[PDB]
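In this structure, trimetrexate is found bound to Rv2671.
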2 protein chains.
Amino acid sequence: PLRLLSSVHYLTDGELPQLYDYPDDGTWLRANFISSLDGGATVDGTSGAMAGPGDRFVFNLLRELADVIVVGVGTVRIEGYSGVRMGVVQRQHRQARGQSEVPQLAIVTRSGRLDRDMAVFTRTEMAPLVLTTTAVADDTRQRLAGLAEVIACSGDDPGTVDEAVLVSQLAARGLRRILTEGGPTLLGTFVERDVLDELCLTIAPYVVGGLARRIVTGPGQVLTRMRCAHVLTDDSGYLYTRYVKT
Amino acid sequence: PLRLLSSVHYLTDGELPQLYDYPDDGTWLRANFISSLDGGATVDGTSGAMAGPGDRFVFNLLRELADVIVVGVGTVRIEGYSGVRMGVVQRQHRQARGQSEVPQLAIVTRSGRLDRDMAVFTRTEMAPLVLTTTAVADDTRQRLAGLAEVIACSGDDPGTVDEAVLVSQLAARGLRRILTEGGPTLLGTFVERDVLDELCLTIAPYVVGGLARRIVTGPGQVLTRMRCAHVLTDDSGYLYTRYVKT
Ligand SMILES: NC(=O)c1ccc[n+]([C@@H]2O[C@H](COP(=O)([O-])OP(=O)(O)OC[C@H]3O[C@@H](n4cnc5c(N)ncnc54)[C@H](OP(=O)(O)O)[C@@H]3O)[C@@H](O)[C@H]2O)c1
Ligand SMILES: NC(=O)c1ccc[n+]([C@@H]2O[C@H](COP(=O)([O-])OP(=O)(O)OC[C@H]3O[C@@H](n4cnc5c(N)ncnc54)[C@H](OP(=O)(O)O)[C@@H]3O)[C@@H](O)[C@H]2O)c1
Ligand SMILES: COc1cc(NCc2ccc3[nH+]c(N)nc(N)c3c2C)cc(OC)c1OC
Ligand SMILES: COc1cc(NCc2ccc3[nH+]c(N)nc(N)c3c2C)cc(OC)c1OC
């Protein structure tokens, strides 16, 4: 009942985007994470040390394919997010697909307690969205006037983000091809709200020991079954997986 | 730089053991764990809910190949370990390889605070080892007389297990082909002591949310690079990976 996986194909620059195609229509929330073999999401507090050239390449590709990159403010601070960068060819590909040259960043915050000073606001070609609650949306909008488009993403509860609503507000703005890059709290909520369509997971060929948190945190205990759409690899033993919710 | 992995081979019952062969000589500490896509080691407190027929098959195979199955007492209690079971054919294969019919269980405990009552002691064809410290080995041996062979596994510090010493004591008893099945504390120590030779990791196609711990816990922060030896899959989207320390 077991099948050996082997490299059967070198992916061309044209085929790789195809493997990570978004659906033709409808919203699609894709997550891109990286974790060690022993499930650690961080090395020395952040994820980058696990990411080699292969993962950076995939990471940048998923950004290139996304209409919008949604990230928790925690990751934004910790990973030092600034504006999404797109190279000339990336911009060309994006135009060819009917997309803006650079995907927007969307920072998720229940508190809305974002400072005007952040690099997500400062070092950015594209002004970012701030996805927050109905309760704080107005004060946040005022505080962040000129810096970010503040969008209330509450459903029934004005004090919380409803993640389905969040996805919908993005789509409503024509940002239906969503990529989230974390963090584990945000991902946890997406998973709990059952709005995660796809998880692209780089499995870095490291064990990192017990300190690191997982790529999902929170009190949530779910068991969402996913289908393995693909596994890619590179010469360094990384697995670039793509799982789609069943 | 990216290669697509695909199933290229259906593994026969003869080839599968070959993929998980131990080295011809020397000690080899292999770990077998299972984790969800989001790095969770447990569902509802234990690992079994993530394990389908494929993982059980691999799990049983690794047991069949091992001279000894080393587990923390935590896992022993929580997963309700009793004696290793071997079917007739499993025993035959084991004999053919020069191995005893059933691998021993080795329970690791720094405290040595094991009760005579446990199923590891009671429902077992083979009496298990208790790998513990020099400091408690004697009282533990007395307490567990007739139930378990108690082995002191301290190196410099009589109050602790030295995991290299643990591996050595096993080999010393002709149990050089070691399988550890956990838990995360034990695995954490193996990883910290740098004695983990190989990690066989089932990646179950689930996200489980933030509650679960990882397959490694502890204060440890390492970055042990591993080489991806193989990835198998089944029809249900599980990845059966084998990584070998570089
Ligand atoms: N290995 C990987 O792939 C990966 C990927 C990303 C991040 N990381 C790492 O994980 C760490 C950060 O963890 P984190 O959990 O704090 O990241 P995070 O989820 O990005 O940040 C948490 C914050 O974002 C907001 N948030 C998240 N979900 C929300 C929701 N459903 N509704 C409203 N607000 C929401 C909240 O902000 P407010 O407090 O303002 O309400 C929350 O406090 C960093 O160390 C980073 O390196 C790893
Ligand atoms: N997903 C998976 O593949 C997988 C695999 C195994 C277990 N699990 C799960 O993980 C959980 C158990 O976690 P756990 O960390 O408590 O398991 P554990 O490592 O098996 O148990 C911990 C105990 O074993 C002893 N121990 C471990 N390492 C030691 C060392 N280097 N030296 C001396 N003693 C050592 C200690 O016993 P003393 O206190 O007596 O000193 C320690 O308290 C369960 O929920 C189980 O389901 C999951
Ligand atoms: C400044 O913005 C950036 C932030 C980060 N943060 C760390 C980082 C690294 C690898 C990653 N790899 C995957 N698979 N998924 C992630 N979620 C991820 C993250 C979160 C990494 C960047 O380069 C890869 C980057 O530049 C665009
Ligand atoms: C009674 O002993 C047993 C204990 C367990 N415990 C849970 C369990 C399940 C799947 C697993 N799968 C892998 N890849 N690695 C593990 N470490 C593992 C464990 C730890 C599972 C058993 O059946 C699979 C079993 O019977 C032999």
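The sequence lines are taken in order and lettered A, B, and onward as chains. All residue numbers given for chain A refer to the PDB entry; the residues shown span 13-258 in order. For chain B, we keep the numbers from the PDB entry: what you see runs 13-258, in order. All values below come from the heavy atoms of this structure, side chains included, with hydrogens, waters and symmetry mates left out. We count ligands from 1, going down the list as the structure has it; atoms in each ligand are counted the same way.
- Counting every copy, the structure places trimetrexate at ligands 3 and 4.
- Other chains having non-hydrogen atoms less than 4.0 Å from trimetrexate (ligand 4): B.
- Measured on heavy atoms with a 4.0 Å cut-off, the binding site of trimetrexate (ligand 4) is B:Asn44, B:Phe45, B:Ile46, B:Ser59, B:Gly60, B:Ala63, B:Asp67, B:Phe71, B:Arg75, B:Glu91, B:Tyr93, B:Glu193, B:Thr214.
- Per-residue contacts place B:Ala63 under 4.0 angstrom from the following atoms of trimetrexate (ligand 4) (heavy atoms of the residue considered): 10 (C).
- When only interatomic distances are considered, the shortest N/O to N/O separation between B:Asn72 and trimetrexate (ligand 4) does not fall below 3.5 Å.
- In summary, the atoms of trimetrexate (ligand 4) found under 4.0 Å from a heavy atom of B:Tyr93, numbered by their order in the structure, are 4 (C), 20 (C).
- For trimetrexate (ligand 4), the atoms sitting less than 4.0 Å from at least one non-hydrogen atom of B:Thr214 are 14 (N), numbered in the order shown with element in parentheses.
- Interface atoms of trimetrexate (ligand 4) facing B:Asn44, defined by a heavy-atom separation under 4.0 Å, are 13 (C), 14 (N), 15 (N), 16 (C), 17 (N).
- The ligand atoms of trimetrexate (ligand 4) that sit less than 4.0 angstrom from a heavy atom of B:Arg75 are 2 (O), 27 (C).
- An N or O contact shorter than 3.5 Å is missing between B:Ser94 and trimetrexate (ligand 4) by distance.
- By the 3.5 Å distance cut-off applied to N or O atoms, B:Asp67 is counted among the residues near trimetrexate (ligand 4).
- Not one N or O of B:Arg68 is nearer than 3.5 Å to an N or O of trimetrexate (ligand 4), by distance alone.
- The shortest N or O to N or O distance between B:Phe71 and trimetrexate (ligand 4) is not under 3.5 Å.
- In terms of N/O distances under 3.5 Å, trimetrexate (ligand 4) is approached by B:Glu91.
- Neighbours of trimetrexate (ligand 4) among the ligands and ions, at a cut-off of 4.0 Å: ligand 2 (NADP nicotinamide-adenine-dinucleotide phosphate).
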